[PDB]
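Drug present: darunavir.
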There are 2 protein chains.
Amino acid sequence: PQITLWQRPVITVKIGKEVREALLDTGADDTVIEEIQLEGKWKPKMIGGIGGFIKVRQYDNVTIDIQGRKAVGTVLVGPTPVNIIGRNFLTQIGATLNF
Amino acid sequence: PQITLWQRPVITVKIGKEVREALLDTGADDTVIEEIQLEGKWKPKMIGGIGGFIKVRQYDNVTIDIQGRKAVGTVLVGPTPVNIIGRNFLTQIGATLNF
Ligand SMILES: CC(C)CN(C[C@@H](O)[C@H](Cc1ccccc1)NC(=O)O[C@H]1CO[C@H]2OCC[C@H]21)S(=O)(=O)c1ccc(N)cc1
Ligand SMILES: [Cl-]
């Protein structure tokens, strides 16, 4: 779809076979979700945003389905204020910014 | 243009009287710049992100030029890690997120 930006671009997705809502975020390098258990081993990491750093659990090779588009990649789990889909998955579904 | 997301969508923009670079950020409601002299009156606000809150100065009615697309609107000035153009200006330049 073509998504205008008069409201936040929040979409329903499936992450690791769980339905979640998330913000499509071109300003995020990475995908960050709060309170989910995913497959495989995780690795601790730190990421920073506008207000400082948070600790996250990094899971690799997680499947995300965005309106029929499947991608597999890294998901960070930690106390983000809102769930975010970042560029690591937006590139895999061929998302672009257009003006 | 049609901008892919394999690298951060950083573009050059003119903000008030100053050329700056900034990140095109669909996950940001508002545009936030660090250390820019803007004219007019301002009001103090906080905004929050990953990691917590920062205190900004809110300036209304600032002119930005993005690749020839001119827009007027609110700019927040404060200690953001990187400059970001948020939806309040993305909508005004006709940007959409597509996939
Ligand atoms: C500031 C960006 C360079 C980075 N962020 C993405 C950004 O889109 C967040 C995404 C975001 C969105 C909501 C809440 C927290 C974070 N937006 C944000 O902080 O926007 C602020 C300015 O406008 C306001 O509207 C939203 C909060 C304010 S980030 O959330 O900190 C971030 C950092 C690292 C990764 N991997 C993923 C995301
Ligand atoms: Cl700059």
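Within every chain, numbering begins at 1; the chains are lettered A, B, ... in the order of the sequence lines, protein sequences first and strands thereafter. Recorded method is X-ray crystallography, 1.1 Å. Both backbone and side-chain heavy atoms feed into the values below; hydrogens, waters and symmetry mates do not. Each ligand, and each atom within it, is numbered from 1 in the order the structure gives.
- Within the model, the positions assigned to darunavir, copies included, correspond to ligand 1.
- Here the macromolecule bound to darunavir with the most contacts is known in the PDB entry as HIV-1 Protease.
- Every other chain with a heavy atom under 4.0 Å from darunavir is named here: A, B.
- Ranking protein heavy atoms by distance to atom 36 (N) of darunavir, first place goes to A/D30 OD2, 2.7 Å.
- Proximity to A/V32 (heavy-atom distance under 4.0 Å) selects the following atoms of darunavir: 37 (C).
- Contacts between B/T26 and darunavir below 4.0 angstrom, taking non-hydrogen atoms only, are absent altogether.
- Nearest-heavy-atom check against atom 32 (C) of darunavir across B/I50, A/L23, B/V56 picks out B/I50.
- The shell of residues lying under 4.0 angstrom from darunavir, judged by heavy atoms, includes A/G48.
- When only non-hydrogen protein atoms are considered, atom 31 (O) of darunavir lies nearest to A/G49 CA, 2.8 Å.
- The single protein non-hydrogen atom nearest to atom 13 (C) of darunavir is A/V82 CG2, 3.6 Å, given as residue, atom name and distance.
- In this entry, the organism cited as the source of chain B is Human immunodeficiency virus 1.
- Residue B/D29 holds the heavy atom nearest to atom 24 (C) of darunavir of all those in A/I84, A/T31, A/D29, B/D29.
- Ranking protein heavy atoms by distance to atom 38 (C) of darunavir, first place goes to A/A28 CB, 3.5 Å.
- Considering backbone and side-chain N/O atoms, B/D25 comes within less than 3.5 Å of an N/O atom of darunavir.
- Distance from atom 12 (C) of darunavir to its nearest protein heavy atom, with residue and atom name: B/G27 O, 3.6 Å.
- Remark: distances from the non-hydrogen atoms of A/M46 to darunavir are all 4.0 Å or more.
- Defined by non-hydrogen atoms within 4.0 Å, the binding site of darunavir is A/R8, A/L23, A/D25, A/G27, A/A28, A/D30, A/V32, A/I47, A/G48, A/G49, A/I50, A/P81, A/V82, A/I84, B/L23, B/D25, B/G27, B/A28, B/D29, B/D30, B/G48, B/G49, B/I50, B/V82.
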